[PDB]
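Note: structure shows sulfanilamide engaged with carbonate dehydratase.
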Amino acid sequence: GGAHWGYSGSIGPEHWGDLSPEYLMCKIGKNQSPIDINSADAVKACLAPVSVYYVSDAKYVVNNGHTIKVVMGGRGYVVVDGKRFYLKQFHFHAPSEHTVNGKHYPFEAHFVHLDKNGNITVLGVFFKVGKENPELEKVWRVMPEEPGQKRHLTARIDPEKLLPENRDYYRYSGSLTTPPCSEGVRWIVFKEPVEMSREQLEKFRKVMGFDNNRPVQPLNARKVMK
Amino acid sequence: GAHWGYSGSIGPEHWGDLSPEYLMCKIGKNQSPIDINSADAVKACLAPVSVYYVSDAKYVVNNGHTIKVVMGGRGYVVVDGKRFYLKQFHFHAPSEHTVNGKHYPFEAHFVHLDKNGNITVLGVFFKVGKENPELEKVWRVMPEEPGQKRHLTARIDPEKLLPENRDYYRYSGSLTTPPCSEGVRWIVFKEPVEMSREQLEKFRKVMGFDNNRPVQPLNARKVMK
Amino acid sequence: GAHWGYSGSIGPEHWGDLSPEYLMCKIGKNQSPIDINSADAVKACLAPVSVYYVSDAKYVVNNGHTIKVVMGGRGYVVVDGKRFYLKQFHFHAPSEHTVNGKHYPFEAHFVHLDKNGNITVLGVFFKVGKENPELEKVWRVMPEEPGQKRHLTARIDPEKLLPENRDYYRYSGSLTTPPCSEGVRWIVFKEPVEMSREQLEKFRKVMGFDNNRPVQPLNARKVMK
Amino acid sequence: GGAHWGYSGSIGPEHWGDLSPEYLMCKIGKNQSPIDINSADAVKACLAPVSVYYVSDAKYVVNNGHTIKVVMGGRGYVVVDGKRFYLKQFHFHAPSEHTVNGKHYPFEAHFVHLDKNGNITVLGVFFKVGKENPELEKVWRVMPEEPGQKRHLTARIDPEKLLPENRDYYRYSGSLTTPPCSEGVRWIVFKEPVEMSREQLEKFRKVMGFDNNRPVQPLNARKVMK
Ligand SMILES: Nc1ccc(S(N)(=O)=O)cc1
Ligand SMILES: Nc1ccc(S(N)(=O)=O)cc1
Ligand SMILES: Nc1ccc(S(N)(=O)=O)cc1
Ligand SMILES: Nc1ccc(S(N)(=O)=O)cc1
Ligand SMILES: [Cl-]
Ligand SMILES: [Cl-]
Ligand SMILES: [Zn+2]
Ligand SMILES: [Zn+2]
Ligand SMILES: [Zn+2]
Ligand SMILES: [Zn+2]
């Protein structure tokens with residue numbers, strides 16, 4: 001029900017804040033995502049482990065014209081700030097939205113969670129090119145190739161198998177990276193990348209047809225914790 | 001920007017609607033002040049905040065919202081490796097920030113701007129105790145009427161108002177008065193300094209009302225300690 | 001092991017030479033107690049030390065070196081993921097540890113052993129203030145003569161002696177009495193608890209002398225905070 | 001002037017504490033080195049950067065029958081606990097003395113420093129097999145091949161070039177790893193390894209003729225900071 005937006009032309013990221021009054025934060029926000037994570041500038045901090053309690057409740061995969069998204073049943077959760085944030089969906093960007101020390105990864109997954117009070121936590125996972133990713137291949141095998149199309153998953157999705165083994169992370173306070181770019185979003189960005197094959201990357205690039213990362217936004221007053 | 005205050009239909013709950021320019025007061029999710037729950041704050045390797053103040057006070061002003069000492073902007077603190085220049089300091093009673101749900105009777109804000117206009121506020125809490133000598137210099141020329149500036153009669157050394165121990169809480173927040181712009185660095189010192197009850201009462205009476213904004217939800221933020 | 005004490009030719013400086021068994025008192029480089037300089041201590045992600053004590057006091061003994069409450073060893077704390085069982089607790093005046101070069105008037109040590117004989121000591125500082133109810137139960141049966149045990153007349157709840165805030169300094173050290181064995185985990189709580197001046201004075205008079213070992217050099221160690 | 005010791009037989013590490021009363025700490029010490037560094041058990045902490053102010057004041061290389069050691073003039077220093085510890089010598093062990101998560105590296109360098117008050121700080125650098133190490137090759141080219149022999153260095157030694165680029169470290173309180181195994185030694189163990197070629201490793205192994213690492217010792221009451 002929100003105004004139409006995209007990644008280029010008159011509806012691209014530089015214009016989002018003018019597409020609708022609902023999208024104001026895109027242009028006036030000072031706590032926007034994604035960001036560059038400069039590891040030296042980040043603050044070493046006593047960050048609590050982010051406990052993962054996922055379940056295999058995937059409903060379908062959808063190509064919504066902005067990403068490839070797996071929609072979940074909402075029963076699995078992570079624990080952040082002692083609260084349960086339930087896994088609602090995960091989706092993908094290429095190139096990465098976040099950068100580390102000024103460099104992109106070729107691909108980034110976002111696991112989007114909602115607590116019962118309506119607050120959002122996103123877990124970000126970077127991918128590098130290497131070995132074929134078995135869990136990703138379950139989704140890729142049935143990737144809808146046109147926008148507006150959804151497909152049944154033919155294999156049981158285990159979302160935790162997409163996360164890195166090492167669970168060290170960067171944390172900061174940010175926003176959604178797509179309109180309305182609402183703030184008050186908790187970001188948990190895992191430091192260790194996972195792997196996907198070049199073929200998997202190129203399938204995503206070909207199906208999408210364009211890059212779908214928002215440009216990095218100024219840190220402003222924020223510190224990233226590490 | 002419209003007239004605003006601390007009670008009635010122009011009080012803090014109404015701010016965001018008084019002018020479109022004040023919208024962040026209502027819609028922002030990284031607003032100040034906050035309650036600082038010490039147990040919930042995250043232990044972090046925070047850099048010392050070095051202070052290089054000079055005695056460049058220009059005047060004291062009662063602007064109807066606070067008593068404010070305006071500076072020449074030559075002194076500075078170092079935050080994130082950058083110089084933030086001390087433009088003014090001013091006061092609130094009761095405190096704006098709380099610690100573990102409790103107010104201090106009084107809080108001072110030292111407001112700094114870097115060369116690109118980014119704002120850093122250093123907050124100092126005060127408790128009732130011995131008369132504060134440095135504060136006494138400002139109080140001796142406190143203008144009793146809003147809209148009046150008075151010249152200082154003594155040399156102001158702003159660093160003498162800060163606590164001796166320089167450990168602090170840090171978080172990202174906002175200005176505490178309209179337009180409540182975000183992108184503000186907050187450095188809140190953990191150790192309070194003392195003022196006499198008479199110094200406190202003079203401020204309370206000259207203001208004529210409490211001038212603290214209610215604490216705002218932390219939302220996605222952590223406080224570092 | 002030879003007779004040792006807190007003054008004359010059997011005092012702390014002479015300990016290491018009284019018996020070959022006491023050599024570490026003299027040659028060890030990770031000895032306790034220490035001065036805890038808070039500014040020098042390293043901020044660290046220290047695990048909470050969970051306390052699971054039970055009321056299993058057996059007796060109070062004056063052993064000529066301290067007043068000690070001997071426990072049944074059923075209660076425990078969790079340190080490094082392991083259970084360390086509370087064997088006894090005892091007292092020193094003035095404090096053994098100092099903080100920023102200052103003593104507290106009194107310090108309690110809660111001595112624990114894991115299943116393999118590794119020792120963890122929890123230290124609690126006391127300041128003069130209100131009479132301590134839990135300490136009063138022990139004091140009511142304090143044996144006045146060395147070599148005497150007395151039974152308790154009230155149920156001892158040792159956790160009631162610990163401060164409410166459980167934040168602590170940690171370092172690796174030694175026993176503070178001969179043979180001053182190393183390999184001892186020290187958990188020193190930052191917040192003091194209160195005792196009356198009369199409770200303090202009773203202990204000082206029953207002992208008849210100061211029973212604190214002088215602080216020892218940190219050498220290669222850091223204190224975590 | 002101390003009693004003769006070695007790495008095997010009746011004079012090996014299990015016997016060091018009985019070889020001389022001077023070596024007592026080898027058998028009774030509870031703060032001995034080297035150790036296993038379990039990264040999960042280590043405590044994340046606000047460790048100060050260890051500033052390096054080395055100079056090229058190498059005097060000679062020596063094969064002393066226990067290691068290959070480069071002896072320095074003592075003018076270069078590192079800063080630890082706000083004090084200058086001067087670089088006196090550096091030397092090598094294979095396999096590594098320290099282990100990380102129960103695993104050895106094939107080689108470890110130790111840079112030994114002395115403050116003016118007589119306190120020792122050792123910086124440890126792990127090596128893995130990979131590319132030929134240019135700074136190490138300056139020493140290796142003139143490695144004395146028999147115990148008791150010293151040789152002139154034919155190239156200017158720059159000791160800082162042996163340290164890893166990333167200067168993150170583990171710190172703990174320990175001992176010398178050779179008799180007398182004196183305690184009160186500050187250990188700074190860099191987390192990131194550097195590389196040496198297989199040929200460089202095998203030259204060291206061949207010249208030494210035996211492994212020269214002391215077995216790891218119990219952590220006891222200690223925490224390692226990271
Ligand atoms: N609704 C929504 C959820 C997550 C994101 S993202 N790309 O920031 O994770 C954007 C919109
Ligand atoms: N301009 C301005 C400066 C500082 C503050 S305060 N009250 O947050 O320090 C508010 C407005
Ligand atoms: N055995 C023993 C137990 C504890 C201590 S103390 N004083 O270090 O707690 C000394 C000896
Ligand atoms: N003297 C000496 C210095 C350093 C070491 S070592 N191997 O622990 O660095 C041993 C002895
Ligand atoms: Cl946290
Ligand atoms: Cl340090
Ligand atoms: Zn996304
Ligand atoms: Zn203010
Ligand atoms: Zn004791
Ligand atoms: Zn060595």
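Protein chains get the first letters and strands the later ones, always in sequence-line order, with residue 1 at the start of each. Side chains are part of it too, since the values below use all heavy atoms of this structure and drop only hydrogens, waters and symmetry mates. Counting starts at 1 for both ligands and their atoms, in listed order.
One finds sulfanilamide in this structure at ligands 1, 2, 3 and 4.
Under a 4.0 Å heavy-atom cut-off, the other chains found next to sulfanilamide (ligand 4) are D.
The organism reported in the entry as the source of chain D is Thermovibrio ammonificans.
Per-residue contacts place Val122(D) under 4.0 angstrom from the following atoms of sulfanilamide (ligand 4) (heavy atoms of the residue considered): 9 (O).
Of the candidates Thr178(D), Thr67(D), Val185(D), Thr178(D) brings a heavy atom nearest to atom 10 (C) of sulfanilamide (ligand 4). Short-range neighbours of sulfanilamide (ligand 4) under 4.0 Å, ligands and ions only: ligand 10 (zinc ion). Atoms of sulfanilamide (ligand 4) lying under 4.0 Å from at least one heavy atom of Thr177(D), given by number and element, are 6 (S), 7 (N), 8 (O). Nearest protein neighbour of atom 1 (N) of sulfanilamide (ligand 4), counting heavy atoms only, is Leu176(D) CD1, 4.0 Å. Residue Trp187(D) places a heavy atom under 4.0 Å from sulfanilamide (ligand 4).
In this entry, no covalent bond from sulfanilamide (ligand 4) to a chain is modeled. Shortest contact from atom 3 (C) of sulfanilamide (ligand 4) to any protein heavy atom: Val112(D) CG1, 3.6 Å.
Some N or O of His91(D) is nearer than 3.5 Å to an N or O of sulfanilamide (ligand 4), by distance alone.
The binding-site residues for sulfanilamide (ligand 4) (non-hydrogen atoms, 4.0 Å) are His91(D), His93(D), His110(D), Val112(D), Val122(D), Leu176(D), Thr177(D), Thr178(D), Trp187(D).
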